[PDB]
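Letters A, B, ... mirror the listed sequences (proteins, then strands); counts begin at 1. Computed from heavy atoms alone, side chains included, the values below leave out hydrogens, waters and symmetry copies. Counting starts at 1 for both ligands and their atoms, following the listed order.
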Amino acid sequence: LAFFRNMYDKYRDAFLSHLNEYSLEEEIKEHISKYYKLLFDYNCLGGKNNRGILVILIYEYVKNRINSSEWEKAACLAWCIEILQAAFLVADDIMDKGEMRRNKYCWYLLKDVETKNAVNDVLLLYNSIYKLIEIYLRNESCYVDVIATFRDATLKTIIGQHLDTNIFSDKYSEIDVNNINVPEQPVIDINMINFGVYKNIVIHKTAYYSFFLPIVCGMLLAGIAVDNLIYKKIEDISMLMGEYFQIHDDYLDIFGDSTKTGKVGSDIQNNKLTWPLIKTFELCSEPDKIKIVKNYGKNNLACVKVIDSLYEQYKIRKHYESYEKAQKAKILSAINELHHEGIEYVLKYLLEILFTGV
Amino acid sequence: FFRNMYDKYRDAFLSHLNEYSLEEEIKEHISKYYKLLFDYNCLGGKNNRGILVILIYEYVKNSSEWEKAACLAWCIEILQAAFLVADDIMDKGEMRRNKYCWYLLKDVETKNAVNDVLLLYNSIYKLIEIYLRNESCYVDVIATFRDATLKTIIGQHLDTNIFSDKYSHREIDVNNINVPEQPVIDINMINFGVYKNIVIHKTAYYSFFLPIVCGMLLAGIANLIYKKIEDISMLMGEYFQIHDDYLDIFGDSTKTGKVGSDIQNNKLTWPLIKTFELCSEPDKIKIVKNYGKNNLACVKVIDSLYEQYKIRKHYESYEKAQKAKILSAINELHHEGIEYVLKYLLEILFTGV
Ligand SMILES: O=P(O)(O)C(O)(Cn1ccnc1)P(=O)(O)O
Ligand SMILES: O=P(O)(O)C(O)(Cn1ccnc1)P(=O)(O)O
Ligand SMILES: C=C(C)CCOP(=O)(O)OP(=O)(O)O
Ligand SMILES: C=C(C)CCOP(=O)(O)OP(=O)(O)O
Ligand SMILES: [Mg+2]
Ligand SMILES: [Mg+2]
Ligand SMILES: [Mg+2]
Ligand SMILES: [Mg+2]
Ligand SMILES: [Mg+2]
Ligand SMILES: [Mg+2]
């Protein structure tokens, strides 16, 4: 764990090093190294580090101890999930018109960067992962399985980000290849406001890259055979934990303190299908439905305020806290079926520090 | 038969998505969206890169072997697609292959397009796994796509930032979200050394080195010929990009499929550098004053300078001398089969087929 924290530089600088081998003029090489050193630092640091720490812990509690060449490979994988997070979050804030990420301006918003650099930079962060895994793990037998898990995790996430972004779109509620002029007015689709659709999305956008991937990396490296039925159990727990983590997130979009969360709430105005939106539709009077249809998805104070107060009226904070309690018990029940005492402690521990880090 | 086989790889990938734990109506929605993403962006081009895989493979060496080569061939066409979607966002593109750029469609927008670039990119590796996973060259193939992709990313970064304030002692300003940069050229960067740097990275690696290498690995070449091919590919990428820069100024968008944008986007182009080489100090001053401005009278001045200094002429002469340098490099390959394909690629490069 202190190996992880202290070895950020190592992996950052191993990748910067690879590009310094490019056939470029020395001045150009210097400019690239400055730009890219910032892109990693700005975008990979400042968070809780829960995914990376998970890789480290799973790895340790699966093995009976671990040399520093072994740690160097696990912390590699751990940082690569933290680079994956970076890439995803850079793109998310473009998609969601983010203002603040980890208490600092979103990367795409910087005048030195903009959306043109940010898009190129997502691709860079994402490909650095695979270069770093080649550097530290090409000779391991889990090597192909590790790179497969990253790419399949990433594909699931890309699908869920697509659904998060289009579930209410006109495309769905034939795509028009002739319209570049007539913008679509954000409206909610009431046929999509149920927990079934919500789960399809949050499992895909959150659960795979955030829980499944880092646990599987820890296990693949520690050497659990890919045909072991523990991986399926692990997948089922990841889905429970993923939906749990994402609901807490949706909850913070309205109830959090932007100085503590490090980001600014935007789901109402960005027309998202969130747990609060679904719970309220489940509970609210028929005229309040007409009221959510009218006011949701509008970057307008009085419109957002209507929604906030319907969430105040329908006691969404209380319904959340009773979801947290019921879902946590559900996760713990599944963890207790794992028949691996090492992984169980880790996942119990994770579940405690999930919202805070540590 | 290259193009016959397109649906096979697209639908193989769409089948992969269809296995996701998603409600049936949602799977239907995603099949429609993604089929269009692939059809819209993979189809319509010269397919030079895919064809080059196929041909290199044939000339280094049954229908199951062709299933693997066409797979790689279509994966480079998918990478072309990913890079172009991203490039048209970055370059404020208007048309690509005589249709509106994907990012502009009201049903897509930049928010979708950014995600879709990653979808396209990642689709490649799933396809190579489906078709080549038990090939001994599997890991070498995925490493080649990956490294050529890193190279292209760096090159696109340089193309997009070479004249920028951050490069012109001081740091990226992490507190500036409000004061937009006023684009201006950096005269210190207007040289062919810097231009070859950008151009081998953003074009030559994925456009030449990658398709040729794909066919050579699969045909089973383990070998100092790889460095000779690298060197030719760089020669070819430069030649090809200089042609592209040429078309940006002198082309017809109904024939190029795309609307020229380099002057207003502040690109370090071959016509820029060739003009800077040959012009007077007061035209240098005109260039500084007018380049990188999305303004008619400004692009007009630059365009007028390109007429005045006979850039069309200088390009025709460049094309002649550089084709000759590529053929001289090709003749040093001492591989009859690869040599034939490259000579022929060189003949069809600007037109296709
Ligand atoms: O709410 P999102 O899904 O946009 C978010 O959680 C990011 N994200 C992206 C994928 N999964 C989660 P963030 O609120 O941090 O902006
Ligand atoms: O001039 P570009 O680099 O933008 C281009 O050639 C595309 N491209 C992208 C990378 N290398 C070349 P296009 O003129 O097609 O928009
Ligand atoms: C994936 C979700 C739900 C939000 C971002 O995740 P984290 O809260 O784990 O982000 P950092 O700790 O990395 O800032
Ligand atoms: C790498 C360059 C110069 C961009 C255009 O590529 P092509 O001219 O190969 O484009 P398509 O045939 O794929 O349309
Ligand atoms: Mg977001
Ligand atoms: Mg989002
Ligand atoms: Mg959120
Ligand atoms: Mg470009
Ligand atoms: Mg372009
Ligand atoms: Mg061009």
message: Can you help me out? I need the name, per the PDB entry, of the chain with the largest number of contacts to ligand 2.
response: Farnesyl pyrophosphate synthase, putative
query: Which one of azelaic acid, thiabendazole, zoledronic acid, clavulanic acid was assigned to ligand 2?
result: zoledronic acid
message: Any idea which other chains come under 4.0 Å from zoledronic acid (ligand 2), counting heavy atoms?
response: B
task: Would you mind running through zoledronic acid (ligand 2) and noting each atom that sits below 4.0 Å from a heavy atom of B:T203?
output: 11 (N), 12 (C)
- request: Measure from atom 16 (O) of zoledronic acid (ligand 2) to every heavy atom in B:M90, B:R96, B:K258 and give the option owning the shortest one.
  value: B:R96
- prompt: Please state which protein non-hydrogen atom is closest to atom 8 (N) of zoledronic acid (ligand 2) and give its distance, to 0.1 Å?
  reply: B:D87 OD1, 4.2 Å
message: Please list the nearest protein heavy atom to atom 14 (O) of zoledronic acid (ligand 2) with its residue and the distance rounded to 0.1 Å.
response: B:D244 OD2, 3.1 Å
Zoledronic acid (ligand 2) atoms in contact with B:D91 (distance to a heavy atom under 4.0 Å): 4 (O)
- prompt: Any heavy atom of B:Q241 sitting closer than 4.0 Å to zoledronic acid (ligand 2)?
  reply: yes
message: Any chance you could list the binding-site residues for zoledronic acid (ligand 2)? Cut-off is 4.0 Å, heavy atoms.
response: B:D87, B:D91, B:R96, B:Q156, B:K202, B:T203, B:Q241, B:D244, B:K258
